[PDB]
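Heading - entecavir triphosphate complexed with HIV-1 reverse transcriptase p66 subunit
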Amino acid sequence: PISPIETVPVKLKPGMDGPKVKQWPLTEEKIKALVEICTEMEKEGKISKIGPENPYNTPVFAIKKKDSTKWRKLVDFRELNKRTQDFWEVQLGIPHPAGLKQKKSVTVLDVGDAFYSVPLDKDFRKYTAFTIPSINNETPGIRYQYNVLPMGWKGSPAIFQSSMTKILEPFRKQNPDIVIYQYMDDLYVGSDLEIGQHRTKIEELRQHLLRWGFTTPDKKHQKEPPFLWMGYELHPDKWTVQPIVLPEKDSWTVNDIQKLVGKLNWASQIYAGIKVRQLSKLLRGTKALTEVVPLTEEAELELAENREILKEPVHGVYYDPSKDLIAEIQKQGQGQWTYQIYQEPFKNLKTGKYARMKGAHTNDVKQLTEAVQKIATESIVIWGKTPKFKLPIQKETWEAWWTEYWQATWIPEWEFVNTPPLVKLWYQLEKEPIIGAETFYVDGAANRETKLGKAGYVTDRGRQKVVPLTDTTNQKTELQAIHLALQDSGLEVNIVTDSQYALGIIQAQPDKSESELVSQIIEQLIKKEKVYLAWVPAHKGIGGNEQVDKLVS
Amino acid sequence: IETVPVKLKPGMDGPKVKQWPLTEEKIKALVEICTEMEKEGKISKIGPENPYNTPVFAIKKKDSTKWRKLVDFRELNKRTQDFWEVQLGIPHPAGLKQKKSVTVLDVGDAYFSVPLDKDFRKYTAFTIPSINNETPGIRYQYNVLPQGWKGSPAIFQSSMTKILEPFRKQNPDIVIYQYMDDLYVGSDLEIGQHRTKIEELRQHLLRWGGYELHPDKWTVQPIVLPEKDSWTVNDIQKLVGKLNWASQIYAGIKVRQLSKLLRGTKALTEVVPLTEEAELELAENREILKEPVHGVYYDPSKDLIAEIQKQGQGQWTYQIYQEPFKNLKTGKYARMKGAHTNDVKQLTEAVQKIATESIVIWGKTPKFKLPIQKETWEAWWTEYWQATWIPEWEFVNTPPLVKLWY
DNA sequence: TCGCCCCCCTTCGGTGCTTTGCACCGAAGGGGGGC
Ligand SMILES: C=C1[C@H](COP(=O)(O)OP(=O)(O)OP(=O)(O)O)[C@@H](O)C[C@@H]1n1cnc2c(=O)nc(N)[nH]c21
Ligand SMILES: [Mg+2]
């Protein structure tokens, strides 16, 4: 049926008109698929025939539905969508099974012909003009316009969701103890009533939907576990992800690896310890989706580890609001982090991973903080609260960090958990100069016009050095000057630079970097025993800096 | 009542800002508040054919344990027409900062009695989220002058003046300055008798429909220099790099005498005796740092900017300026919550205190340059916000080259 | 040969700095998943 609900008024963008795009050829199996849908759609009032006075058109096609025999009619409204007004989408996110509470009785329902049950704004219908080709050459196609929401229009999802929300609102207010997860036209309905009382409320809900023109066919009415919902299987005490089939290839293309990595990210929500760094590395610097990419040895190893994880059965549990949320993080190496969220030990609600490289230079403490923030945001979305954290970082390490680092930083209530490898600071800079340590006055300069530069130093003990540099920058030569002081100095060293830039990077105590040169400096800082690093303004002729500035010229 | 026709600025469209995730108790507070506002007609439920949105959240002050809805209309305010071009702006009184006690009152509810231009209401849309996305977001728009919109104090201007006139008449030495939804009420009265007059003003406004600040006690903290008996090569490099920086702010600052004390390639820990000339040069520079800078004046036509540096042990320095190195004010904020161990809470409260001082002194908040990662700030800052206004801010990563302001 | 939503990983290009490259960040490409 067509809902008697009021239509939502919609407009074209100012100054714009409607689409005028011709229909492409289609197979006879799809033409009769469309003629069957459209003849029946016109009978039910979903579409109406139009004539030449309507100058618009848009192409139509059809794909098959997951229910194998049914076809789904689609219209390539890309031209109309560009000229249609913007909407504020009310779908803010995706419900997760870990956010569900245990319920005595559960039902899953789906609305039949959902979009076609919602009427379209009368003044807007003329812009949805289309045509069914019918063996293209034999005759000109028959023209229609939509009277209901078309599949492929930019506004259809939001206008449907808004209508579904209005239709459900009376039932929600009358039954606050009945949880209705509403995703598009899919309805999860859980309650703590006995199965007979529960089925009574479902009948009531289904009858309410039908009065507003939303059918609920028995074929999509799930009554007993396991319920298929949002790509998961809902059991009474647990939930599983629907089976994940990884691509299996002798020769891999760029697009194959993209699919594989996406599958693994999806799996990482419940499969602990998934890693995709080495597989994703293969995508860098590639130029075509069909380009054959050979798996590196590290990528084969990572893939094998993921396959072993995926062959073991896993399940998540449901949320108990009377207990604490606990999030535990482990370090995996190369900027990769995995986490588990649970309430009782060894019964995960869900898992996940964090592996984004943010910034050119960072350290494990920063990235652990980012993982904490991703988990905090995810927990607010799913459960409406922040979990308690168990983190592989000593309280001393963290306390060292947020007192030396110049930016405000914080982690909520957290408990140290000894799961090596631990997160640590890989070096620290002395707050005072080091007695008996050599004093290096460093400096580097590059000629911007050319590619050339020099890096060198002078020391309190009389040591001096200059290294010519090619294809460099002003900022690279200064890092090079520091690079050389660390190279030629003992385990304790005092260094004085005039590069605020270089001082800025090193003072943040990075342990990894997209830069090969900064990585070398990091490796040298880690080997040192004590390092004091100081700054002076350039070209003001101060002590050792003037003489090293003299030297590099 | 007749509405005032309101427009956006030419060539500007309304805000389209996403709603961020909210905790369970903030969502429930907003649902309760918006349901009540909807019955009373202050807001109306809307659909998605309205393409605008503004984030909403909720705060709860510790000395008022009821939730307060907070709509972040900063984007809508930047796009709204100016009322200084349509002659409806508020003058800042110079005497508010002269008072010994300033109490902040939330008078936002007074706006809900004046309807809003029917054609402007679509720009005020907001969306309440849902725990675990059980439902789509629920959208509302305003039918009356919204709290937090800069057009509300301008449109309500004539009304609020008629409401306050009897009180300001009876208490001529009390100064009241309206900033957005707040009244800043200052006096030189004894503190227990200041609160008594605040209660009288509270009662007088209810006839229609915070904690005490002390500008008396806000002090400037200038650039200080270390004092020692003996000085190293490192101390004089730290000293000269600092004065060299400060010569961008102050006039006639010299580093030749001290600078030369450092000739040759010397060890950092070597002790160098101060020559009498250099000692004179030092105490010379210490005096210029002591008394304030000549030729720096507030310009009301330019924005205010605030920089903040984390110094450690709960200390936070800050500078307010409009043009670089011409600081209208330098200060130091000190935490006192009791625990000592939350940087983000301290920075958020430092932002509220600095912005509060700018309202009292100049009548508006500065654009902040926050020494924090954007994602660290956005993960936590709403947990500590207590003001009905929100200032503009941006995020900077600036290592301390010199411990300048400490 | 379509639509709307969330996620991750890679790439690209605009912004502003007392710069001449660099770091930051939002947007868009690819992928996963939902209806
Ligand atoms: C969520 C949606 C509604 C309910 O999705 P649905 O899968 O339950 O389909 P519907 O109720 O119509 O038929 P049903 O009677 O068999 O249940 C459908 O109307 C439309 C929409 N949707 C779904 N998939 C697609 C798609 O790929 N392309 C487009 N443009 N829109 C799509
Ligand atoms: Mg359906």
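Naming: A, B, ... by sequence-line order, numbering from 1 per chain. Counting starts at 1 for both ligands and their atoms, following the listed order. Technique stated in the header: X-ray crystallography, 2.3 Å.
Taking every instance into account, the structure holds entecavir triphosphate at ligand 1.
Lab note: other chains with heavy atoms under 4.0 Å from entecavir triphosphate -> A, C. By chain and number, the binding site of entecavir triphosphate at a non-hydrogen cut-off of 4.0 Å is A:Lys65, A:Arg72, A:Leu74, A:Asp110, A:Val111, A:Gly112, A:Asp113, A:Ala114, A:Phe115, A:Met151, A:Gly152, A:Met184, A:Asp185, A:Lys220, C:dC2, C:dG3, C:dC35. Between A:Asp67 and entecavir triphosphate, no N or O atom pair is found at a separation short of 3.5 Å. Considering backbone and side-chain atoms alike, A:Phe115 places an N or O below 3.5 Å from some N or O of entecavir triphosphate. The PDB entry calls DNA chain C DNA/RNA (38-MER). Those atoms of entecavir triphosphate that come under 4.0 Å of a heavy atom in A:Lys220, given as number and element, are 8 (O), 14 (P), 16 (O), 17 (O). Considering backbone and side-chain N/O of A:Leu74, none are found under 3.5 Å from N/O of entecavir triphosphate. Any N or O atom pair closer than 3.5 Å counts here, and A:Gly112 shares no such pair with entecavir triphosphate.
Nearby ligands and ions (under 4.0 Å from entecavir triphosphate): ligand 2 (magnesium ion).
Entecavir triphosphate places these atoms under 4.0 Å from at least one heavy atom of A:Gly152: 30 (N). Atom 6 (P) of entecavir triphosphate has its closest protein heavy atom at A:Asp185 OD2, 3.8 Å.
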